[PDB]
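Please read the structure below before turning to the comments.
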Number of protein chains: 2
Amino acid sequence: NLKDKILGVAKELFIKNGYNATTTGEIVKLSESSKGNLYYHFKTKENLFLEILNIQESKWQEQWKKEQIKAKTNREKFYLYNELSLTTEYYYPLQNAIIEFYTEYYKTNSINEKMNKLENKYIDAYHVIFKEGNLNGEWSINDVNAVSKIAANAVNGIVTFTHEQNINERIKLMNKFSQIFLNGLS
Amino acid sequence: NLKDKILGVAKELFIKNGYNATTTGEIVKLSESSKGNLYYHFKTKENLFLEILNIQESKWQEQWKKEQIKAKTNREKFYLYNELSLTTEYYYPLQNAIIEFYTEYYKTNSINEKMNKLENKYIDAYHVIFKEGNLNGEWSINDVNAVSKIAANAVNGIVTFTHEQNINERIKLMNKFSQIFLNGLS
Ligand SMILES: Cc1cc(N)c2ccccc2[n+]1CCCCCCCCCC[n+]1c(C)cc(N)c2ccccc21
């Protein structure tokens, strides 16, 4: 509970004032915990944030599980997951805190350790889509891990570096990418 | 050097840390100057940054022009451009500071007359490659603009969101991307 509260309040603070401006001091006092209890559950701001991040990935996955019901075939899952990545991320309040966090502990394989099991999870969604695509004969992929990392990162890029363009155009471009790319597997 | 000597410090600081962790003061301090020398061609912080981006972009485009000769067919110009994007020391090492820069300075109306100029040079390489390929018959592209923007960002995605792993796994992934993308076009 005190741990659940630290997480809840911290998430709001990072959302309101970003990663850098938020202090464990603010988190401790507003969550009504202490520096000791905080230190025992998370050790560091970095770690607390990674934990919030894991919780968010779980939420995403549950969202994805209910959402893909709208996409029968794996080909459709791929179109929908990318469109979903773009539209949701546009109004995801933690995106700014995340950007800050990455640039922060990038030259530290420490606060970039669990950062792996995390990104790996993002990519798994693609892995499932492509593995099943293979079994369902929708396509034939040499090695899924490679194609999954590529799809995962090409999509982050279209989502991230487009920010400067009408949302309707963005979706149209992403769908075009989904189309061209799936066409490079046949 | 007055003007052309600050940008060098600011670049280092912008790349080393973020667009936020680098402040007007830290520059001048490690640059030894007046916190006002910025106005002739350096209006606001965003302008100093927006300028550094141009220098670096052009530096990258310069190199590209000199190395794209190892590529015979345009189909090859596409792979080489993407492979080189992973290895350059120009502009791409700044994509990070650029991301966090859009999570702030993107409301004013300079980020549409100054910032739009730079994005053109960013998708131009792909425009030339995709047009000359059309003219040459290597493929038939519906709208070179869509495919160009889609490609530039995808690639930037693979370069920027994997900047923490074996550079060879990198090259591998990028080449597999180029293969699939082009196989999706033609
Ligand atoms: C709840 C929830 C709700 C949503 N509506 C949602 C929408 C879209 C995506 C996730 C969502 N989730 C939860 C999402 C948890 C996401 C964990 C993501 C880890 C990945 C980012 C990796 N990364 C790398 C490698 C390298 C970089 N240079 C870099 C630079 C800037 C930013 C990121 C960078």
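First the proteins, then the strands, lettered A, B, ... as listed; each starts at 1. The figures that follow rest on heavy atoms only: side chains count, while hydrogens, waters and symmetry mates do not. Counting starts at 1 for both ligands and their atoms, following the listed order.
At ligand 1, the drug present is dequalinium. Per the PDB entry, the macromolecule in most contact with dequalinium is HTH-type transcriptional regulator qacR. Chains touching dequalinium with a heavy atom below 4.0 Å, listed by letter, come to A, B. This PDB entry assigns chain A to the organism Staphylococcus aureus subsp. aureus Mu50. With the cut-off at 4.0 Å and only heavy atoms counted, the binding site of dequalinium comes to A:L53, A:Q56, A:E57, A:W60, A:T88, A:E89, A:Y92, A:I99, A:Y102, A:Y106, A:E119, B:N96, B:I99, B:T160, B:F161.
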